[PDB]
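So, a structure with dihydrotestosterone in it.
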Number of protein chains: 2
Amino acid sequence: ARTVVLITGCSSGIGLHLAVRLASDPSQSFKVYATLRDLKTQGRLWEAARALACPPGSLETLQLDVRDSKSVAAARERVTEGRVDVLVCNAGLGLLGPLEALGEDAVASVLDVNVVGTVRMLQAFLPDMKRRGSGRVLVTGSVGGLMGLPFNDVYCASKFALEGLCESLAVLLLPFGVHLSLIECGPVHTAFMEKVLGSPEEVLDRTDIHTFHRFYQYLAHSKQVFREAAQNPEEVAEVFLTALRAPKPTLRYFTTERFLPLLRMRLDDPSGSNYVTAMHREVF
Amino acid sequence: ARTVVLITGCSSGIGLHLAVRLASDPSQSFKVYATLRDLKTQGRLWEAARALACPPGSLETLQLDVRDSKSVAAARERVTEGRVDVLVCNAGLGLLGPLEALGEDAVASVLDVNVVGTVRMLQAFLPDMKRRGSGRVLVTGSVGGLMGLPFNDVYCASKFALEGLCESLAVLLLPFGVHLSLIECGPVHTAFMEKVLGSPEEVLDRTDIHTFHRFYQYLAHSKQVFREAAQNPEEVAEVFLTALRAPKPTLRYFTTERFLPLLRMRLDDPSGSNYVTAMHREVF
Ligand SMILES: C[C@]12CCC(=O)C[C@@H]1CC[C@@H]1[C@@H]2CC[C@]2(C)[C@@H](O)CC[C@@H]12
Ligand SMILES: C[C@]12CCC(=O)C[C@@H]1CC[C@@H]1[C@@H]2CC[C@]2(C)[C@@H](O)CC[C@@H]12
């Protein structure tokens, strides 16, 4: 019938655009379940959905807290068609700042949402896809999950986690008929993201003036990279679709090639000394 | 004076051997703080310490729960010399079994201990090392942190996390004078490990007979790899020492080269299709 897709973290960014991009497809081959943690944020999903003229019933909204298995279970039961053909694990949190400046709860929230939240989604949805011998799971990756970035230690950790988690499953799912693929995104044009970067005094009292100085320096550098490398979510969202459609999807898809040169030098030197070096100069 | 080293997870394996290997050094240049989560497990650390004839006062035991920052802070204050020259982040948990068969708390414990526990150690100890402009941090890695392994999804995730976390910091610590290095271990001869693998009925009721069958199949395969590739902890522990002594340590040290061929094919194909394939055949 119609491909049933459930996407997490749809209140903005990639999740939002992908949801409406799927539900608004001229072919109307997709039934989308856009879940968000807080429903008071569905506004933009809906205004965006009116903008693309998604036919009614092509887009349903669900409250889903990936930090809660009960919510994960309850939303899974809201899928009237009693089946999900494409599960998109997109919900994710960021974290920028000196390691010593990051609150313990903040660190725990990012791993809990980004990694364990994805585990819960996989636990609740993988079984049936395995039983039915079919299904596709897509997980939003990040260049940060492929290489470490200064002041993104915990973010990268959780993104790296996702790589390990999916690669591990991938080895097991190969003969099962269910496909898992990571979508490695570089910066994705977001006006708020470039706004999130800029923490003076609060970070200053939680770290030394030399680390602090390097933070600013790194903020300045991300700023540039964004303003000259950021991709439109319409563009990134189109990669999910490419993967979702590939008859034999690969474990991972890259939304850009800009960061591929850096990634190569990463395994052109397993000792990590070359990358840490290129990347340090690269940012400072 | 004497190099002060604090090691976590010393109740067994690498932590234990490294602790006594450092404290028993003929040169006696090291003062060791072997922390363990439960003191009722210090027996083997001590019997091992008598075996190597560690001079009295070369080895102090501390209760440290890396799942608790208060415990992390309290043990940090137990370091009488008011300084740590070498911090070894070794505490870690394993997890084997179908993703759907893993308890939520179990998944959360492994990330909490392996990743966030390491964050807390880094948060509490990095500052001073940064201030003093010197210090070495070593983190026990794993081949599982460099490539995904079936039925080790959550273990690999946390190990992958550690890679991201350390690589991120590494970029920032380069000019600071504090060195961070990961010690990537392959299997390390442990009679209990080969015993931990073997969960019939309990795992059977939490997953399908086909996944279950593949689990057994994978258990069988690890069994072999261990019985013919496992390294003595004395051997692995000697790598920590190599790193601890290198004037310019690299971000990572490999205890063996057995798994290096597999790791290369991992970035000789960023799409992951080659590795997932080699590794699947490799295990099944
Ligand atoms: C690592 C990069 C790219 C290269 C670099 O030297 C620093 C810079 C810092 C911000 C990163 C950016 C690439 C895309 C990331 C990882 C986004 O996903 C969120 C933060 C962005
Ligand atoms: C991945 C390997 C090695 C290669 C393989 O095909 C499967 C096998 C499964 C058990 C792993 C082992 C290497 C070392 C590990 C990752 C230990 O650290 C703990 C479990 C071990």
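Chains are designated A, B, ... according to the position of each sequence line. Chain A uses the PDB entry numbers throughout; the residues present, in order, are 1-284. Since chain B takes its numbers from the PDB entry, the residues it shows come out as 1-284. Whatever order the structure lists ligands and atoms in, that order sets their numbers, starting from 1.
Against dihydrotestosterone (ligand 2), the chain with more heavy-atom contacts than any other is given by UniProt as 17-beta-hydroxysteroid dehydrogenase type 1.
Other chains with a heavy atom closer than 4.0 Å to dihydrotestosterone (ligand 2): B.
Of the UniProt active-site residues in chain B, the closest to dihydrotestosterone (ligand 2) by non-hydrogen distance (1 Å) is B/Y155, 4 Å. When only interatomic distances are considered, the shortest N/O to N/O separation between B/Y218 and dihydrotestosterone (ligand 2) does not fall below 3.5 Å.
Nearest residue to atom 8 (C) of dihydrotestosterone (ligand 2) from B/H221, B/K223, B/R258 is B/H221 (criterion: closest heavy atom). In chain B, dihydrotestosterone (ligand 2) lies within 4.0 Å of no UniProt NADP(+)-binding residue, judged by heavy atoms. In B/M147, neither the side chain nor the backbone holds a heavy atom less than 4.0 Å from any atom of dihydrotestosterone (ligand 2). Among the atoms of B/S222, none of the N or O lies under 3.5 angstrom from an N or O of dihydrotestosterone (ligand 2).
Close approach to B/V283 involves these atoms of dihydrotestosterone (ligand 2), each under 4.0 Å from a residue heavy atom: 5 (C), 6 (O), 7 (C).
Neighbours of dihydrotestosterone (ligand 2) under 4.0 Å (other ligands and ions): none.
Among the substrate-binding residues UniProt records for chain B, the set within 4.0 Å of dihydrotestosterone (ligand 2) by heavy-atom distance is B/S142. The residues of other chains having a heavy atom under 4.0 Å from dihydrotestosterone (ligand 2) are listed as B/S142, B/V143, B/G144, B/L149, B/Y155, B/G186, B/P187, B/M193, B/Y218, B/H221, B/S222, B/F259, B/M279, B/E282, B/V283.
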